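Inspection log for the structure reproduced underneath, given as structure tokens.
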Amino acid sequence: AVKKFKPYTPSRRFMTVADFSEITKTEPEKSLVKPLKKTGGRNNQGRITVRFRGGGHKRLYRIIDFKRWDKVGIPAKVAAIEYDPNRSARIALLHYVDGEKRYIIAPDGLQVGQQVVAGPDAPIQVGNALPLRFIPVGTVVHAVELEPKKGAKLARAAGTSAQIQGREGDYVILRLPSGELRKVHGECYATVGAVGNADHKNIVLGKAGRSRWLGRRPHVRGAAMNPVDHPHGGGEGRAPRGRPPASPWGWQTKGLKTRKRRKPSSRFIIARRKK
Amino acid sequence: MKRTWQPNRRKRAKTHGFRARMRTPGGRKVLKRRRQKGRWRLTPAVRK
RNA sequence: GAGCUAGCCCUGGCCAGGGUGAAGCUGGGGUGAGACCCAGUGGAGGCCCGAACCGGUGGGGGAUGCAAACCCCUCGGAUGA
RNA sequence: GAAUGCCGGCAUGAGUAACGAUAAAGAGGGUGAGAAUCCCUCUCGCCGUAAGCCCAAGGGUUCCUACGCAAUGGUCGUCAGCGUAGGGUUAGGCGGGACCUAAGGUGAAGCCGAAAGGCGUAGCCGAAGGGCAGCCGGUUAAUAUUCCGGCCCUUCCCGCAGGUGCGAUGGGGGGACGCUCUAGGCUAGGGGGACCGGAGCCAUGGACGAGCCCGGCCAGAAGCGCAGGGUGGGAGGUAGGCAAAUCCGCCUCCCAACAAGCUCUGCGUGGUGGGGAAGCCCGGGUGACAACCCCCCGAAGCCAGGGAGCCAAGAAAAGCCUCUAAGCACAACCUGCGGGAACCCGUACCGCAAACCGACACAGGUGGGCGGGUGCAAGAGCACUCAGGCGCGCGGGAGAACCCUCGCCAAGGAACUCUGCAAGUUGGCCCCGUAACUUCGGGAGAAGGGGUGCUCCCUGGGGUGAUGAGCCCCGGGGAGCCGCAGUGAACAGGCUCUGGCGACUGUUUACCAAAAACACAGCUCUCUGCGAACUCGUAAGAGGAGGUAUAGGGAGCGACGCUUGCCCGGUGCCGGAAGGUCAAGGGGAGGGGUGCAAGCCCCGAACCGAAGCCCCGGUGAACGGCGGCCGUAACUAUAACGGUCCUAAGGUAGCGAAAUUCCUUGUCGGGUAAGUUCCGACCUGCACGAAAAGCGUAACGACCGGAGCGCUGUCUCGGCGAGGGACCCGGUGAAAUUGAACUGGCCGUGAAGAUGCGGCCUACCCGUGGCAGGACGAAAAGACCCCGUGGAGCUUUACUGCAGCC
RNA sequence: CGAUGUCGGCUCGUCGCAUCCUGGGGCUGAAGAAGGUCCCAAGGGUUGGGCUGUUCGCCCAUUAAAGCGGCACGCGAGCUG
RNA sequence: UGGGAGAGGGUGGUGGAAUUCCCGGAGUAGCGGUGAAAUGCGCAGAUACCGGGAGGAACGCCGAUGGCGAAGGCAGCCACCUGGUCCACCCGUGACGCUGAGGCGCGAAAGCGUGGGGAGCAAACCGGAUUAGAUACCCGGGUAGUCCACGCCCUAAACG
RNA sequence: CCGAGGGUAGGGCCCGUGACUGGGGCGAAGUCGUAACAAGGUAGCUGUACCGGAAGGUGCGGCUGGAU
Ligand SMILES: NCC[C@H](O)C(=O)N[C@@H]1C[C@H](N)[C@@H](O[C@H]2O[C@H](CN)[C@@H](O)[C@H](O)[C@H]2O)[C@H](O)[C@H]1O[C@H]1O[C@H](CO)[C@@H](O)[C@H](N)[C@H]1O
Ligand SMILES: NCC[C@H](O)C(=O)N[C@@H]1C[C@H](N)[C@@H](O[C@H]2O[C@H](CN)[C@@H](O)[C@H](O)[C@H]2O)[C@H](O)[C@H]1O[C@H]1O[C@H](CO)[C@@H](O)[C@H](N)[C@H]1O
Ligand SMILES: [Mg+2]
Ligand SMILES: [Mg+2]
Ligand SMILES: [Mg+2]
Ligand SMILES: [Mg+2]
Ligand SMILES: [Mg+2]
Ligand SMILES: [Mg+2]
Ligand SMILES: [Mg+2]
Ligand SMILES: [Mg+2]
Ligand SMILES: [Mg+2]
Ligand SMILES: [Mg+2]
Ligand SMILES: [Mg+2]
Ligand SMILES: [Mg+2]
Ligand SMILES: [Mg+2]
Ligand SMILES: [Mg+2]
Ligand SMILES: [Mg+2]
Ligand SMILES: [Mg+2]
Ligand SMILES: [Mg+2]
Ligand SMILES: [Mg+2]
Ligand SMILES: [Mg+2]
Ligand SMILES: [Mg+2]
Ligand SMILES: [Mg+2]
Ligand SMILES: [Mg+2]
Ligand SMILES: [Mg+2]
Ligand SMILES: [Mg+2]
Ligand SMILES: [Mg+2]
Ligand SMILES: [Mg+2]
Ligand SMILES: [Mg+2]
Ligand SMILES: [Mg+2]
Ligand SMILES: [Mg+2]
Ligand SMILES: [Mg+2]
Ligand SMILES: [Mg+2]
Ligand SMILES: [Mg+2]
Ligand SMILES: [Mg+2]
Ligand SMILES: [Mg+2]
Ligand SMILES: [Mg+2]
Ligand SMILES: [Mg+2]
Ligand SMILES: [Mg+2]
Ligand SMILES: [Mg+2]
Ligand SMILES: [Mg+2]
Ligand SMILES: [Mg+2]
Ligand SMILES: [Mg+2]
Ligand SMILES: [Mg+2]
Ligand SMILES: [Mg+2]
Ligand SMILES: [Mg+2]
Ligand SMILES: [Mg+2]
Ligand SMILES: [Mg+2]
Ligand SMILES: [Mg+2]
Ligand SMILES: [Mg+2]
Ligand SMILES: [Mg+2]
Ligand SMILES: [Mg+2]
Ligand SMILES: [Mg+2]
Ligand SMILES: [Mg+2]
Ligand SMILES: [Mg+2]
Ligand SMILES: [Mg+2]
Ligand SMILES: [Mg+2]
Ligand SMILES: [Mg+2]
Ligand SMILES: [Mg+2]
Ligand SMILES: [Mg+2]
Ligand SMILES: [Mg+2]
Ligand SMILES: [Mg+2]
Ligand SMILES: [Mg+2]
Ligand SMILES: [Mg+2]
Ligand SMILES: [Mg+2]
Ligand SMILES: [Mg+2]
Ligand SMILES: [Mg+2]
Ligand SMILES: [Mg+2]
Ligand SMILES: [Mg+2]
Ligand SMILES: [Mg+2]
Ligand SMILES: [Mg+2]
Ligand SMILES: [Mg+2]
Ligand SMILES: [Mg+2]
Ligand SMILES: [Mg+2]
Ligand SMILES: [Mg+2]
Ligand SMILES: [Mg+2]
Ligand SMILES: [Mg+2]
Ligand SMILES: [Mg+2]
Ligand SMILES: [Mg+2]
Ligand SMILES: [Mg+2]
Ligand SMILES: [Mg+2]
Ligand SMILES: [Mg+2]
Ligand SMILES: [Mg+2]
Ligand SMILES: [Mg+2]
Ligand SMILES: [Mg+2]
Ligand SMILES: [Mg+2]
Ligand SMILES: [Mg+2]
Ligand SMILES: [Mg+2]
Ligand SMILES: [Mg+2]
Ligand SMILES: [Mg+2]
Ligand SMILES: [Mg+2]
Ligand SMILES: [Mg+2]
Ligand SMILES: [Mg+2]
Ligand SMILES: [Mg+2]
Ligand SMILES: [Mg+2]
Ligand SMILES: [Mg+2]
Ligand SMILES: [Mg+2]
Ligand SMILES: [Mg+2]
Ligand SMILES: [Mg+2]
Ligand SMILES: [Mg+2]
Ligand SMILES: [Mg+2]
Ligand SMILES: [Mg+2]
Ligand SMILES: [Mg+2]
Ligand SMILES: [Mg+2]
Ligand SMILES: [Mg+2]
Ligand SMILES: [Mg+2]
Ligand SMILES: [Mg+2]
Ligand SMILES: [Mg+2]
Ligand SMILES: [Mg+2]
Ligand SMILES: [Mg+2]
Ligand SMILES: [Mg+2]
Ligand SMILES: [Mg+2]
Ligand SMILES: [Mg+2]
Ligand SMILES: [Mg+2]
Ligand SMILES: [Mg+2]
Ligand SMILES: [Mg+2]
Ligand SMILES: [Mg+2]
Ligand SMILES: [Mg+2]
Ligand SMILES: [Mg+2]
Ligand SMILES: [Mg+2]
Ligand SMILES: [Mg+2]
Ligand SMILES: [Mg+2]
Ligand SMILES: [Mg+2]
Ligand SMILES: [Mg+2]
Ligand SMILES: [Mg+2]
Ligand SMILES: [Mg+2]
Ligand SMILES: [Mg+2]
Ligand SMILES: [Mg+2]
Ligand SMILES: [Mg+2]
Ligand SMILES: [Mg+2]
Ligand SMILES: [Mg+2]
Ligand SMILES: [Mg+2]
Ligand SMILES: [Mg+2]
Ligand SMILES: [Mg+2]
Ligand SMILES: [Mg+2]
Ligand SMILES: [Mg+2]
Ligand SMILES: [Mg+2]
Ligand SMILES: [Mg+2]
Ligand SMILES: [Mg+2]
Ligand SMILES: [Mg+2]
Ligand SMILES: [Mg+2]
Ligand SMILES: [Mg+2]
Ligand SMILES: [Mg+2]
Ligand SMILES: [Mg+2]
Ligand SMILES: [Mg+2]
Ligand SMILES: [Mg+2]
Ligand SMILES: [Mg+2]
Ligand SMILES: [Mg+2]
Ligand SMILES: [Mg+2]
Ligand SMILES: [Mg+2]
Ligand SMILES: [Mg+2]
Ligand SMILES: [Mg+2]
Ligand SMILES: [Mg+2]
Ligand SMILES: [Mg+2]
Ligand SMILES: [Mg+2]
Ligand SMILES: [Mg+2]
Ligand SMILES: [Mg+2]
Ligand SMILES: [Mg+2]
Ligand SMILES: [Mg+2]
Ligand SMILES: [Mg+2]
Ligand SMILES: [Mg+2]
Ligand SMILES: [Mg+2]
Ligand SMILES: [Mg+2]
Ligand SMILES: [Mg+2]
Ligand SMILES: [Mg+2]
Ligand SMILES: [Mg+2]
Ligand SMILES: [Mg+2]
Ligand SMILES: [Mg+2]
Ligand SMILES: [Mg+2]
Ligand SMILES: [Mg+2]
Ligand SMILES: [Mg+2]
Ligand SMILES: [Mg+2]
Ligand SMILES: [Mg+2]
Ligand SMILES: [Mg+2]
Ligand SMILES: [Mg+2]
Ligand SMILES: [Mg+2]
Ligand SMILES: [Mg+2]
Ligand SMILES: [Mg+2]
Ligand SMILES: [Mg+2]
Ligand SMILES: [Mg+2]
Ligand SMILES: [Mg+2]
Ligand SMILES: [Mg+2]
Ligand SMILES: [Mg+2]
Ligand SMILES: [Mg+2]
Ligand SMILES: [Mg+2]
Ligand SMILES: [Mg+2]
Ligand SMILES: [Mg+2]
Ligand SMILES: [Mg+2]
Ligand SMILES: [Mg+2]
Ligand SMILES: [Mg+2]
Ligand SMILES: [Mg+2]
Ligand SMILES: [Mg+2]
Ligand SMILES: [Mg+2]
Ligand SMILES: [Mg+2]
Ligand SMILES: [Mg+2]
Ligand SMILES: [Mg+2]
Ligand SMILES: [Mg+2]
Ligand SMILES: [Mg+2]
Ligand SMILES: [Mg+2]
Ligand SMILES: [Mg+2]
Ligand SMILES: [Mg+2]
Ligand SMILES: [Mg+2]
Ligand SMILES: [Mg+2]
Ligand SMILES: [Mg+2]
Ligand SMILES: [Mg+2]
Ligand SMILES: [Mg+2]
Ligand SMILES: [Mg+2]
Ligand SMILES: [Mg+2]
Ligand SMILES: [Mg+2]
Ligand SMILES: [Mg+2]
Ligand SMILES: [Mg+2]
Ligand SMILES: [Mg+2]
Ligand SMILES: [Mg+2]
Ligand SMILES: [Mg+2]
Ligand SMILES: [Mg+2]
Ligand SMILES: [Mg+2]
Ligand SMILES: [Mg+2]
Ligand SMILES: [Mg+2]
Ligand SMILES: [Mg+2]
Ligand SMILES: [Mg+2]
Ligand SMILES: [Mg+2]
Ligand SMILES: [Mg+2]
Ligand SMILES: [Mg+2]
Ligand SMILES: [Mg+2]
Ligand SMILES: [Mg+2]
Ligand SMILES: [Mg+2]
Ligand SMILES: [Mg+2]
Ligand SMILES: [Mg+2]
Ligand SMILES: [Mg+2]
Ligand SMILES: [Mg+2]
Ligand SMILES: [Mg+2]
Ligand SMILES: [Mg+2]
Ligand SMILES: [Mg+2]
Ligand SMILES: [Mg+2]
Ligand SMILES: [Mg+2]
Ligand SMILES: [Mg+2]
Ligand SMILES: [Mg+2]
Ligand SMILES: [Mg+2]
Ligand SMILES: [Mg+2]
Ligand SMILES: [Mg+2]
Ligand SMILES: [Mg+2]
Ligand SMILES: [Mg+2]
């Protein structure tokens, strides 16, 4: 339930912060964090390979569990729901009856103090984790492995959720958050429910500074550059694109499809994305 | 105003020093060309 | 060759004083319960005034200079991108 | 003899500019061949959030002392950061190493690349971050937490005693964290004393005083006291912490919870050791048996790993603790005590500067800490001032024009000018009061106005203490005093109306542009199913991201409000298993060379044959485009209306003489005495128009217009004054420039602008201060223009390749 | 073209006369007053504002009049910009 | 107190028919549309037919001249939550009533803000016909919107 | 001290006037179409939205004040 501010500064007019209504614990689990090596967009050559990155807050990457088949049958308690600055979801702290402690990505509605579990015979309840083949058709689900035992790859951002459309041999048919219709293997695990903090998208960064705190540096239009810098560079005064709009490296950027044509995954995609 | 020589013993050694030269192939050619000319110092003098 | 300059990384440091007084909390009123209003408390902000510090707006001087970009008067920011 | 030739030497400009902040000098006495310049004394001025003090970096003997003055020193020099010589830097505790990790670097394994090399897990390196044991005083010409003295502490080795399952590079805890705000109690620091100690003082009209002037401390182990921090205890289970585990984690159970207890810090006290002024006397000696106490102010520092709130969610590893494993328990480890042991490097000096970076003893640049007192509301602001440090390494005169900085001005008050450029005005605090409009925050310090000092009296609340005194902090009321004036000095907004652009705070062309430009939250389009797209890379490998479509890339637009119309013919993109074209390859009708021949060899059509192109659709917040002529109303005029040609379609809303209007100072209205600007209008819009967004918009602006008030030396129109120069004298002494020069005016002539030719006129020889008309004055082999089959950046449906992609 | 700085303003002028004013004249469709037109005449004078970069021009208020030109569209080793 | 009817309201869930799209199969030369046609769709295999899948919306028969609500309005089915109302008995309280300026709340459709959703329908808009014209009536497309959550709007031939 | 009023500064209400601009009323015989009254030749009216030279058109809902 996103939170407004009164207009006591120009930026405060439109700014909205998260409500944090579902957060119980307010500091990470010292056993499950590590240092986040901020890169600022540079690669191992030292070269910016991703523009306009750097300078955001310091962060501690909480280790998240994406292979919940690690602990088949060992129930855990939902001990806390905490803020992860490295993603858009919240994370939940699990105290397994094993005594093991793990972070998972917090589905919507998950109740601190409830217990969760994982396995072929798990209950079809928010927070549990089963191979895809054992989840009812028509169930909303998240944290879906793309291949088996390779880790949760799909639907992990706030409010995302794949819905199960049906089965077809060793493969179930998922409707990804993009609207794509894909065949995923039935042995791929997945956490039933939708990822929480759906109000995430309704946030208004308010001002330029807030974007900086996220490590996002200012983004200069190609239209503002010179011909040496950009296809859209130059021009006396203003200027339309003057050619099909294009990236800094030449390739067109309106409509031009870029998925590799002969990709082997093509055999398992039923419908290219909607809308 | 601030000028361009801001001396620094550590920089001056990790940059132009002997060991820096011997790591590169280009650097060994430096010392080779400087021995050939007979330079008294093959390398900047820095006190450390 | 990044000891100048540009960006990012890691680790440290700095920002006199004064002003305004958001949310919240409390109390009071209010109503079926509310919204809400009032007072107090509170002390938010690329908020205000202003040194350090960072600037370089206007004008005068300087022009074989104090100086291969300086000096004086004025002026922008100064918890933040 | 010329190349703006090259190297050198010496001229000219010239005894000319200048001699580096306008903080400032004077005299006496010394030294010496020589003194404005060195030494000493007295007077004067300057800095004092420094122009004082302490670190760091960098510098590298510049430190101290003696002897020197050729050169360096912008003058002088007896002086010196200069020359010669001798001295000077002392550590188990300060810093760095024999400790730890950060980015990054490097790199057994492994990967990759013609070579050189590029990657890379561990590991190693890597500090101004983590960890770690010393405080005060004395001493030298020069070092001091280093030597010395007092009082403390750490680690290693061996031994004694006591205790215990001891044992780790492995397991666990901890280390260990942001920003803002902030409590209690302290300390640093400071103010006052009529209390304590002190050489003295009585001036010049008064004062022998509760007079003046100086000082009234510092460290410190155990113990103790005050303030804080950290911390539950027991038991049973146990499948997790990549072996084990009594530890940790998870579960249950009993007891204990603002506590207490144990533990750790800070402060205070504390054996004890130090220090100790003014003044006088020659750094010292005295003062002195110095005294060393009371009250107040009080941190941003300490207790600290304190508390609260917030969102953007805040290093690692070692030291340390605990768990066990091999092993070993004659061991080993813990504690206490004792003896011994404890290495390498730095330490001088400069350090906002004459010793560092700027070629200079250069008005520039340089990170951290301390930075006293009084007053002004506060403060690191401002004026004076302590400690301390300086008067800036040419001076003396004169009192011109002129220049810089500065002060004042009759009457007028923007009439100046491109422009109020500049300089006035305003200025702090308290109180009263404050409009349109608005996004209800604002606009707002709107505007405008009153007050401000000193004396006496009366009284209200707070902190300390004790509830009182004293100290200290906020106030209230009454009566008076003086001047031109009470933020009496210093620091400290001129205001308002109205448009353009841009929402806003931000960013920019280091060094002629700070803006209307870039950025920006926000809107749309599009790509991306994750070994993602995209980026760098030959590759490996990275970034993307330890992210996963509420995510990430690219593009345009740029808060917000109301909106964003019509065209898919062409271009781009998207879709289309048919058709057409299409290379290598398949096929091999059918020829050809050669051979006695089997054969060997060559050419080769039909037909099959991908992408791409053709072709069919789609698509505008994709590239883009959004007509012409003629006619028509019962005055005229103008056309709601029509006719026709063409297009893919003919510009909708809103706006408009505009940051766009050529004609144009359009026309009309407002403002003014007067208005090529401005504002409001109209609309034949040369040549607006809807995300290269359209029309608005409160607030914001060192943006660009226009206007009014205030006030002025901007101006009528100038005058006077101050200082620093210019001028004169002593000292030192440049520069560009320069064919040579014995270098006048006019009218002509001349390659067309003559000191230099002709004619005439004028003119004794040489300077100094001044002015800039000429020497087509200097400077720069014109930066505009052309030319060169000269170069380079950029573009594209110019050509031809190439990467990449299909 | 191995450089002759280019508009306008300001400051400083100086010359020409095809005379704007002032002085002397002739003719007039010159009654007077006041004009027209031409001749002589360069001694002196030839204002202050609004607008615009402007020169120029229009306008306000005056005036004896508000003259026109040349001097590298006079004058940037004089200033402005 | 004991009983009854009901599409009264809110939530959660769910069933079938139909249309559209998509995949498979079978199949060929037209389908569609109208007053008549054209646009459009279809040999790149449409329409008609069968199986499968996705999704949204509205609920045929019952259904009535019906029932409920203060009005606007409410219709598959199931459960929960909940308003009103009527009958019976004659038990309780004893005028506790009626109306109602302001206040407040509800208020069809369209419309607006932020998300979602989107099958059919359909302003705007395109095209085909008609026509003197046809910015219409008719035909083929078609975007808001129609649906959901939240919050506005407060109008009506809101009528008996 | 108060004090008529004078002055300075800023507000609120009303009146008059204003380039231009919006519709409105009225005025024998101007132009364009034919929306309504007959089922008015698409039943009409309606609230709302969008569109159009103009009456109006269309969408969604509502009324009969709709004929047969
Ligand atoms: N509008 C009503 C006319 C009335 O007569 C009046 O006095 N009208 C005007 C009243 C305005 N408040 C004044 O405007 C100006 O002065 C104010 C101070 N008084 C400023 O606050 C204001 O920021 C400024 O803008 C303006 O001065 C007055 O103008 C008058 O005085 C002028 C010179 O004296 C004259 O030129 C005017 N014609 C005459 O109107
Ligand atoms: N069949 C064709 C219609 C024709 O053209 C016609 O009648 N045309 C009408 C012509 C009349 N003369 C006009 O009336 C006005 O104009 C006159 C001037 N001539 C006046 O004197 C008269 O005093 C006045 O009255 C009137 O305005 C015209 O009517 C049109 O305009 C009127 C205003 O909207 C409407 O009410 C009519 N429905 C509409 O037809
Ligand atoms: Mg708020
Ligand atoms: Mg939350
Ligand atoms: Mg929370
Ligand atoms: Mg750890
Ligand atoms: Mg690397
Ligand atoms: Mg298989
Ligand atoms: Mg972005
Ligand atoms: Mg963006
Ligand atoms: Mg941008
Ligand atoms: Mg540009
Ligand atoms: Mg480049
Ligand atoms: Mg390009
Ligand atoms: Mg371009
Ligand atoms: Mg451009
Ligand atoms: Mg242009
Ligand atoms: Mg791909
Ligand atoms: Mg600078
Ligand atoms: Mg240099
Ligand atoms: Mg530096
Ligand atoms: Mg190597
Ligand atoms: Mg070298
Ligand atoms: Mg750098
Ligand atoms: Mg440096
Ligand atoms: Mg920091
Ligand atoms: Mg400081
Ligand atoms: Mg403060
Ligand atoms: Mg205030
Ligand atoms: Mg308060
Ligand atoms: Mg504050
Ligand atoms: Mg601020
Ligand atoms: Mg200052
Ligand atoms: Mg300046
Ligand atoms: Mg600067
Ligand atoms: Mg500048
Ligand atoms: Mg100058
Ligand atoms: Mg400020
Ligand atoms: Mg920051
Ligand atoms: Mg010769
Ligand atoms: Mg030369
Ligand atoms: Mg001389
Ligand atoms: Mg001379
Ligand atoms: Mg000097
Ligand atoms: Mg000089
Ligand atoms: Mg001087
Ligand atoms: Mg001086
Ligand atoms: Mg002598
Ligand atoms: Mg001197
Ligand atoms: Mg440095
Ligand atoms: Mg040196
Ligand atoms: Mg020394
Ligand atoms: Mg000498
Ligand atoms: Mg000498
Ligand atoms: Mg000599
Ligand atoms: Mg000398
Ligand atoms: Mg050793
Ligand atoms: Mg190490
Ligand atoms: Mg390497
Ligand atoms: Mg260290
Ligand atoms: Mg140490
Ligand atoms: Mg000696
Ligand atoms: Mg000692
Ligand atoms: Mg043990
Ligand atoms: Mg941590
Ligand atoms: Mg924060
Ligand atoms: Mg102390
Ligand atoms: Mg004090
Ligand atoms: Mg006496
Ligand atoms: Mg006495
Ligand atoms: Mg495990
Ligand atoms: Mg284990
Ligand atoms: Mg394992
Ligand atoms: Mg295990
Ligand atoms: Mg085990
Ligand atoms: Mg108990
Ligand atoms: Mg305790
Ligand atoms: Mg102590
Ligand atoms: Mg003695
Ligand atoms: Mg003694
Ligand atoms: Mg004595
Ligand atoms: Mg501080
Ligand atoms: Mg503090
Ligand atoms: Mg902690
Ligand atoms: Mg064992
Ligand atoms: Mg054993
Ligand atoms: Mg034994
Ligand atoms: Mg023990
Ligand atoms: Mg010992
Ligand atoms: Mg050693
Ligand atoms: Mg060494
Ligand atoms: Mg030393
Ligand atoms: Mg020093
Ligand atoms: Mg110093
Ligand atoms: Mg310093
Ligand atoms: Mg010095
Ligand atoms: Mg230097
Ligand atoms: Mg030097
Ligand atoms: Mg000097
Ligand atoms: Mg200096
Ligand atoms: Mg600086
Ligand atoms: Mg201080
Ligand atoms: Mg004080
Ligand atoms: Mg301080
Ligand atoms: Mg002193
Ligand atoms: Mg000194
Ligand atoms: Mg001087
Ligand atoms: Mg002069
Ligand atoms: Mg005056
Ligand atoms: Mg005046
Ligand atoms: Mg002007
Ligand atoms: Mg102006
Ligand atoms: Mg000014
Ligand atoms: Mg004023
Ligand atoms: Mg407000
Ligand atoms: Mg206000
Ligand atoms: Mg304003
Ligand atoms: Mg005021
Ligand atoms: Mg204002
Ligand atoms: Mg006063
Ligand atoms: Mg006073
Ligand atoms: Mg006084
Ligand atoms: Mg007390
Ligand atoms: Mg008096
Ligand atoms: Mg004052
Ligand atoms: Mg101010
Ligand atoms: Mg005004
Ligand atoms: Mg304009
Ligand atoms: Mg701006
Ligand atoms: Mg602001
Ligand atoms: Mg610049
Ligand atoms: Mg530059
Ligand atoms: Mg600016
Ligand atoms: Mg926007
Ligand atoms: Mg590449
Ligand atoms: Mg690769
Ligand atoms: Mg990663
Ligand atoms: Mg733009
Ligand atoms: Mg608005
Ligand atoms: Mg059309
Ligand atoms: Mg196309
Ligand atoms: Mg097409
Ligand atoms: Mg070929
Ligand atoms: Mg072929
Ligand atoms: Mg093909
Ligand atoms: Mg476009
Ligand atoms: Mg458009
Ligand atoms: Mg006519
Ligand atoms: Mg007629
Ligand atoms: Mg067409
Ligand atoms: Mg056009
Ligand atoms: Mg249109
Ligand atoms: Mg116009
Ligand atoms: Mg135009
Ligand atoms: Mg005009
Ligand atoms: Mg005009
Ligand atoms: Mg203008
Ligand atoms: Mg036109
Ligand atoms: Mg016109
Ligand atoms: Mg146009
Ligand atoms: Mg466009
Ligand atoms: Mg508005
Ligand atoms: Mg605006
Ligand atoms: Mg700004
Ligand atoms: Mg500005
Ligand atoms: Mg003057
Ligand atoms: Mg003048
Ligand atoms: Mg003077
Ligand atoms: Mg003189
Ligand atoms: Mg002289
Ligand atoms: Mg002569
Ligand atoms: Mg001639
Ligand atoms: Mg001549
Ligand atoms: Mg001459
Ligand atoms: Mg002279
Ligand atoms: Mg001259
Ligand atoms: Mg020359
Ligand atoms: Mg020249
Ligand atoms: Mg040339
Ligand atoms: Mg040109
Ligand atoms: Mg050629
Ligand atoms: Mg040619
Ligand atoms: Mg060429
Ligand atoms: Mg030339
Ligand atoms: Mg003028
Ligand atoms: Mg003048
Ligand atoms: Mg003359
Ligand atoms: Mg003439
Ligand atoms: Mg004449
Ligand atoms: Mg006659
Ligand atoms: Mg007469
Ligand atoms: Mg005549
Ligand atoms: Mg003459
Ligand atoms: Mg003329
Ligand atoms: Mg003109
Ligand atoms: Mg005219
Ligand atoms: Mg006359
Ligand atoms: Mg000319
Ligand atoms: Mg000229
Ligand atoms: Mg000039
Ligand atoms: Mg000029
Ligand atoms: Mg200028
Ligand atoms: Mg200029
Ligand atoms: Mg200019
Ligand atoms: Mg019952
Ligand atoms: Mg019942
Ligand atoms: Mg076929
Ligand atoms: Mg669904
Ligand atoms: Mg009924
Ligand atoms: Mg009965
Ligand atoms: Mg009965
Ligand atoms: Mg009865
Ligand atoms: Mg009864
Ligand atoms: Mg009764
Ligand atoms: Mg009764
Ligand atoms: Mg409604
Ligand atoms: Mg509706
Ligand atoms: Mg609308
Ligand atoms: Mg939406
Ligand atoms: Mg037609
Ligand atoms: Mg026709
Ligand atoms: Mg037509
Ligand atoms: Mg009809
Ligand atoms: Mg809409
Ligand atoms: Mg009704
Ligand atoms: Mg009815
Ligand atoms: Mg009165
Ligand atoms: Mg009066
Ligand atoms: Mg007034
Ligand atoms: Mg008539
Ligand atoms: Mg009709
Ligand atoms: Mg009709
Ligand atoms: Mg009809
Ligand atoms: Mg009818
Ligand atoms: Mg109707
Ligand atoms: Mg029309
Ligand atoms: Mg039309
Ligand atoms: Mg028409
Ligand atoms: Mg209608
Ligand atoms: Mg129509
Ligand atoms: Mg229509
Ligand atoms: Mg209807």
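Proteins come first, then strands; the chains are lettered A, B, ... in the order of their sequence lines, and each starts at number 1. Not the full deposit; the contacts listed refer only to the portion displayed. Atoms within each ligand, like the ligands themselves, are counted from 1 in listed order.
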Write down the drug found at ligand 2.
-> amikacin
Bound partner of amikacin (ligand 2), most contacts, as in the PDB entry | 16S Ribosomal RNA
Using a heavy-atom cut-off of 4.0 Å, list the other chains contacting amikacin (ligand 2).
-> G
Extract the binding site of amikacin (ligand 2): heavy atoms, cut-off 4.0 Å.
-> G27(G), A28(G), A29(G), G30(G), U31(G), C32(G), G33(G), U34(G)
